[PDB]
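The model presented next includes triclosan.
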Amino acid sequence: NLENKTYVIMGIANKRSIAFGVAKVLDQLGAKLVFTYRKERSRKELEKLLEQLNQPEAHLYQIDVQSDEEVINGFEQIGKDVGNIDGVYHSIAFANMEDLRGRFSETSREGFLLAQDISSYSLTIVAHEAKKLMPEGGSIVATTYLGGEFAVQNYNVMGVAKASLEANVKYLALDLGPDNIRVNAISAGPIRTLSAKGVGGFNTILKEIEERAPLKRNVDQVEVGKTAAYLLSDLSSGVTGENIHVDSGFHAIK
Amino acid sequence: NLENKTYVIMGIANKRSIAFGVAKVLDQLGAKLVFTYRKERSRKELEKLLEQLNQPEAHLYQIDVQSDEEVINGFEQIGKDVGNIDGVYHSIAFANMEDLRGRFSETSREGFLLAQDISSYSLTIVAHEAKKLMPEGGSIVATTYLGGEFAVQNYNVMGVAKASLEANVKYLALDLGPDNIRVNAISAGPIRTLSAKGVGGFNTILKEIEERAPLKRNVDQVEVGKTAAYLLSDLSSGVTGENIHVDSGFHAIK
Amino acid sequence: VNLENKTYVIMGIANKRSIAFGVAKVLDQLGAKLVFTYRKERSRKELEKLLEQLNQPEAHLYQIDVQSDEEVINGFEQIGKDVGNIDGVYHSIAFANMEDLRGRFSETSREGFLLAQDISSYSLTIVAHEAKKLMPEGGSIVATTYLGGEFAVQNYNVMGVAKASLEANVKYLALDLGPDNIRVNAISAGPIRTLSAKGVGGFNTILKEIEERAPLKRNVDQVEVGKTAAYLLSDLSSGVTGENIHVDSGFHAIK
Amino acid sequence: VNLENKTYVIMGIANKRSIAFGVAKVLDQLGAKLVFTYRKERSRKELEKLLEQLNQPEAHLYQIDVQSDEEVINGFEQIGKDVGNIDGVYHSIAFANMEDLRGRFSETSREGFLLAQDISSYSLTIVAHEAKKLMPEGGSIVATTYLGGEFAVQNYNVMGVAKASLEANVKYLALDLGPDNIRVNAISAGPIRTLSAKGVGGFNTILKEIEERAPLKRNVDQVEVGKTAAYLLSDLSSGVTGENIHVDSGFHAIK
Ligand SMILES: NC(=O)c1ccc[n+]([C@@H]2O[C@H](COP(=O)([O-])OP(=O)(O)OC[C@H]3O[C@@H](n4cnc5c(N)ncnc54)[C@H](OP(=O)(O)O)[C@@H]3O)[C@@H](O)[C@H]2O)c1
Ligand SMILES: NC(=O)c1ccc[n+]([C@@H]2O[C@H](COP(=O)([O-])OP(=O)(O)OC[C@H]3O[C@@H](n4cnc5c(N)ncnc54)[C@H](OP(=O)(O)O)[C@@H]3O)[C@@H](O)[C@H]2O)c1
Ligand SMILES: NC(=O)c1ccc[n+]([C@@H]2O[C@H](COP(=O)([O-])OP(=O)(O)OC[C@H]3O[C@@H](n4cnc5c(N)ncnc54)[C@H](OP(=O)(O)O)[C@@H]3O)[C@@H](O)[C@H]2O)c1
Ligand SMILES: NC(=O)c1ccc[n+]([C@@H]2O[C@H](COP(=O)([O-])OP(=O)(O)OC[C@H]3O[C@@H](n4cnc5c(N)ncnc54)[C@H](OP(=O)(O)O)[C@@H]3O)[C@@H](O)[C@H]2O)c1
Ligand SMILES: Oc1cc(Cl)ccc1Oc1ccc(Cl)cc1Cl
Ligand SMILES: Oc1cc(Cl)ccc1Oc1ccc(Cl)cc1Cl
Ligand SMILES: Oc1cc(Cl)ccc1Oc1ccc(Cl)cc1Cl
Ligand SMILES: Oc1cc(Cl)ccc1Oc1ccc(Cl)cc1Cl
Ligand SMILES: N[C@@H](CCC(=O)O)C(=O)O
Ligand SMILES: N[C@@H](CCC(=O)O)C(=O)O
Ligand SMILES: N[C@@H](CCC(=O)O)C(=O)O
């Protein structure tokens, strides 16, 4: 039960976003939620999607995590509007398709660095600013993919960005542990989202999970959301620096 | 919320057992619980301990996991007394004391095979017998230790038994996944228990966590029990073949 | 790499396809003196034939069934008397019963699970304890494992749990014996057609998966395992212990 | 091994304590022709002097700042015209600001994080791309990493995240270049006293902890890394790619 808790959820674009799965679970459990977005179009979808939740009010903030000033001023404004928070769900990544759909060895410098910036460094800075609203401690979750742990076909520059993200969770866990702030990752199996359309071969990845993964089915956004609830709540006290695979067991087989 | 769930908890020795932590938590959450014990000092005991739970009956079964008959007939009888169950917590391990200190290279064949038998194979047979009481699926959790993933001083033969136990979980996840049975582990940090006494140099292990783990503190039986409630329930539906460290982040640092 | 004036015990040659025969060819070619141990007289007869291919001036052949403490103990002690001190051991030994290597893992019998642990894991422990007696200036023990020890692979079943156990055994041995200057390491070999692979269900589809999906897009062979064994058993790998090197065309690194 | 008529590019020698210099000595002793790349004009001066300890009859020194594509592109092209085709590249390059290193990880600057990614991880990718043009029959590329890429190590901070990225870069390149018969691997070296180690807070307690706790109970040295490099760069390691070999006295394997 999450009444009297407040979570910031970053990275909803539409109803298929993984962070909307998180939102529904946390809302169902009585949490107060605050949302962040980059594009106008995403604020618009948030304004619509809120009509399905129980949030008595829209708490929406534009934060493009490429900008320090936006991350810093964003969280400062959230603190002024709703007070201290209990956690952050981070559901944000980006890379160019021009890099993704080429050979990994042909990745450009600007594109490799773009992916690191949005997909990994953004957690470091978000945690830094979020820490200020968690003086009694709290919980931070980021979303990763098994391509951070192994070389998967076509995932390419994003796989290197996710490896970087998973180490970021571990170094943040260590840094922020004494402040009673836990930092963890969920490694989600493939789910049809707007961003999935950038991963070449995506339907093939879905089919391989059904045919090979222990549970012989794909996961969805609500399943990622239920494990987020566990990680953002006191149910997972003691658990930090961990990568929980919500992927029908695919990580465990070869 | 676990009202109308039933869980078999194996491995309570006394008020300090990790499995009793698990029991208080599932009991608080409204589960019907069933308990197995090895021998008749644990029983007398057990009976007294359960006045602290809201269990309105005492369902207790002797099962020494070294005997097929006892496991086969114990789950059979459980099945007859309470019907289908929703999951199994396995909290059971053993090795000879001489082996948990001094030199791993001097371990006896008998001592090595005894630790494998009780600490690893017992999950395979308990799984096979429990599956019979879970026609619509369910959840199996075992308790391991970092010494199954890394060589740790003194833990010696039990570390090889936990390596084996951790694979056991993965192979059972693969096998039982189509039957909708999830199989996972919780890698607990060190906890002062009756069995901890037999681990060479336990007190130093304890202190190392406080000094070096991200949370700078040790965990307890109830923090294990909370992650057990997660893994035993539908919050973790997308999760199988997994090992969750409830160890203050220790597993993530070096 | 030159291994003249080194001496290596190789355990688990059955025939010309054995992984340990790849190791033997490579070590022998590098000038090492080799001692071979076998379980069945048929393997000894095979060893006698296979030696005529190697440069070894003599046959050092010992029957050691690793289920027997006395055979391991008396075998290594006899080896010490015939050749003196050794430089390392290549361990290439596993077993489980047929029925535990296809279909369903949850149905594994206690007897079959413990058999597999006994031969495929505990053997390395007692071998190392006895071999250590012949390595007073230090040396190098290598065991052979498979990717099924790290992940659940279809059909591998009880052997996978045996390999997990082997891989932790290597780590505990490494820690225990490091101060004696004995390194202990594993080679995680890719799938290779051998007599014992006839026991793994779906083995042909395993090979074919490697060709299609592994970074090098081809299978490995026994000599490539023997080349990494030469590195591990020699002074090139000083510093390296508790380590599991995958000779498998990259397959462990991909999903 | 046996590396005559092989040619390797070694990137990242600054002085006699550099890890890459340990690679150079081992490879040079094994008969390789070596080509050296540097950033600072002062590192070139050290090379010219370190080269008298070596059997290289010719000094092949090239300035390449891996921050600049132009420099990596023109550098390898020039190498190709001066020495023809090469057999492999040893990459020993990393960098991050002190000011980011010696602050709390959570206080890392965006610009210092991207700097460490750019020099210590991206550089392998572009190096691999340009070096492929000089390896039409295949070859081997080895990068240097540290345990702090796999676990959160006190003080290593932004470099830990750059090494994690570098270890993944290795696996993705292994996959991409495998069909070209180019293997790409990492060595995970234990702590070694070098100029760059001065940047790591608590470096001397890291050394002491290896001596007290690692299976071998001693630290490793640059030559030990060089010897595993010789294996990885040569045909002994055929079949090995996407791999991370810990040259660290076993420390990776214990907790
Ligand atoms: N779908 C899957 O199979 C899968 C599997 C595993 C992991 N993941 C991870 O899950 C996370 C969420 O992605 P998703 O699949 O749910 O796709 P999604 O719905 O497309 O969400 C991606 C989100 O990232 C945000 N974003 C990108 N760049 C940003 C920036 N500079 N500043 C702020 N926000 C930015 C986008 O916001 P705007 O649209 O406003 O630009 C969008 O809300 C990602 O980290 C992804 O890598 C996805
Ligand atoms: N405490 C820790 O720091 C630690 C850390 C990580 C993991 N673990 C794991 O947690 C689990 C529980 O241990 P614990 O620390 O809670 O110790 P514990 O209270 O002493 O529990 C051990 C239990 O195992 C039971 N058992 C032993 N052999 C058995 C057999 N042959 N058949 C049936 N039951 C048998 C014992 O029963 P009897 O008393 O009747 O003999 C006892 O109830 C173990 O698997 C252990 O390795 C412990
Ligand atoms: N082939 C592969 O794809 C592959 C892949 C990865 C790992 N491996 C591993 O490589 C190792 C060698 O197997 P292989 O494929 O080369 O098969 P192999 O030629 O059939 O060799 C197996 C050896 O194990 C010996 N053995 C079995 N039980 C023994 C016992 N109790 N005492 C002494 N020796 C015993 C056999 O000797 P006898 O015939 O005399 O009984 C035989 O020489 C094993 O650990 C295997 O698991 C194989
Ligand atoms: N020392 C250890 O304990 C340890 C342990 C594990 C891994 N490693 C790794 O080993 C590698 C070598 O470091 P080291 O310890 O040998 O220290 P080092 O002697 O200080 O070598 C570092 C080299 O990096 C080069 N470099 C930095 N930025 C560069 C750039 N932009 N372009 C081209 N070259 C650049 C330096 O060149 P200039 O001097 O010309 O600037 C220097 O030659 C690094 O990847 C390091 O992370 C070191
Ligand atoms: O990480 C992902 C993994 C998968 Cl299988 C599918 C979608 C993913 O998400 C992304 C993939 C590429 C880009 Cl450019 C951005 C995002 Cl959010
Ligand atoms: O696994 C354990 C790990 C730790 Cl740190 C402490 C206690 C543990 O539990 C055991 C240890 C030894 C034996 Cl013989 C039996 C059990 Cl239950
Ligand atoms: O470990 C192995 C892995 C593979 Cl892919 C192929 C063969 C293997 O070797 C064995 C397999 C089963 C048994 Cl009963 C004995 C051995 Cl020696
Ligand atoms: O990676 C390393 C690890 C260790 Cl233990 C010691 C030195 C290392 O090398 C570096 C450390 C910091 C910077 Cl700024 C640059 C380099 Cl080359
Ligand atoms: N059809 C795209 C794949 C993208 C997807 O399936 O989302 C390709 O393979 O080029
Ligand atoms: N054809 C049988 C034999 C096994 C094998 O070829 O290894 C199977 O695949 O089950
Ligand atoms: N003097 C540094 C240590 C630097 C080093 O040990 O290289 C400190 O702040 O600990």
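We name chains A, B, ... by the order of the sequence lines, and we start the count at 1 in each one. All heavy atoms count here, side chains included; hydrogens, waters and symmetry mates do not. Atoms within each ligand, like the ligands themselves, are counted from 1 in listed order.
One finds triclosan in this structure at ligands 5, 6, 7 and 8. Structurally, the greatest contact with triclosan (ligand 8) is made by what the PDB entry calls enoyl-[acyl-carrier-protein] reductase [NADPH]. Other chains with a heavy atom closer than 4.0 Å to triclosan (ligand 8): D. Annotation for triclosan (ligand 8): atoms under 4.0 Å from non-hydrogen atoms of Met159(D) are 12 (C), 13 (C), 14 (Cl), 15 (C). Considering backbone and side-chain atoms together, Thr194(D) places no N or O closer than 3.5 Å to any N or O of triclosan (ligand 8). Contact annotation for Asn97(D) and triclosan (ligand 8): no heavy atom of the residue comes within less than 4.0 Å of the ligand. Using a non-hydrogen distance threshold of 4.0 Å, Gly199(D) does not register as a contact of triclosan (ligand 8).
Per the PDB record, the organism listed against chain D is Staphylococcus aureus. Heavy atoms of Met98(D) found under 4.0 angstrom from triclosan (ligand 8): none, in either backbone or side chain. Atoms of triclosan (ligand 8) lying under 4.0 Å from at least one heavy atom of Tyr156(D), given by number and element, are 1 (O), 2 (C), 3 (C). Every atom of triclosan (ligand 8) with a heavy atom of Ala197(D) under 4.0 Å away is listed here by number and element: 6 (C), 7 (C).
Residue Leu101(D) places a heavy atom under 4.0 Å from triclosan (ligand 8). Residue, atom and distance of the protein heavy atom nearest to atom 4 (C) of triclosan (ligand 8) are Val200(D) CG2, 4.1 Å. Within a 4.0 Å radius of atom 8 (C) of triclosan (ligand 8), the protein has no heavy atom.
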Provide, line by line, the atom pairs where triclosan (ligand 8) and the protein bring an N/O atom each to a distance under 3.5 Å; else say none.
residue	atom	partner	partner atom	Å
triclosan (ligand 8)	1 (O)	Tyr156(D)	OH	2.6

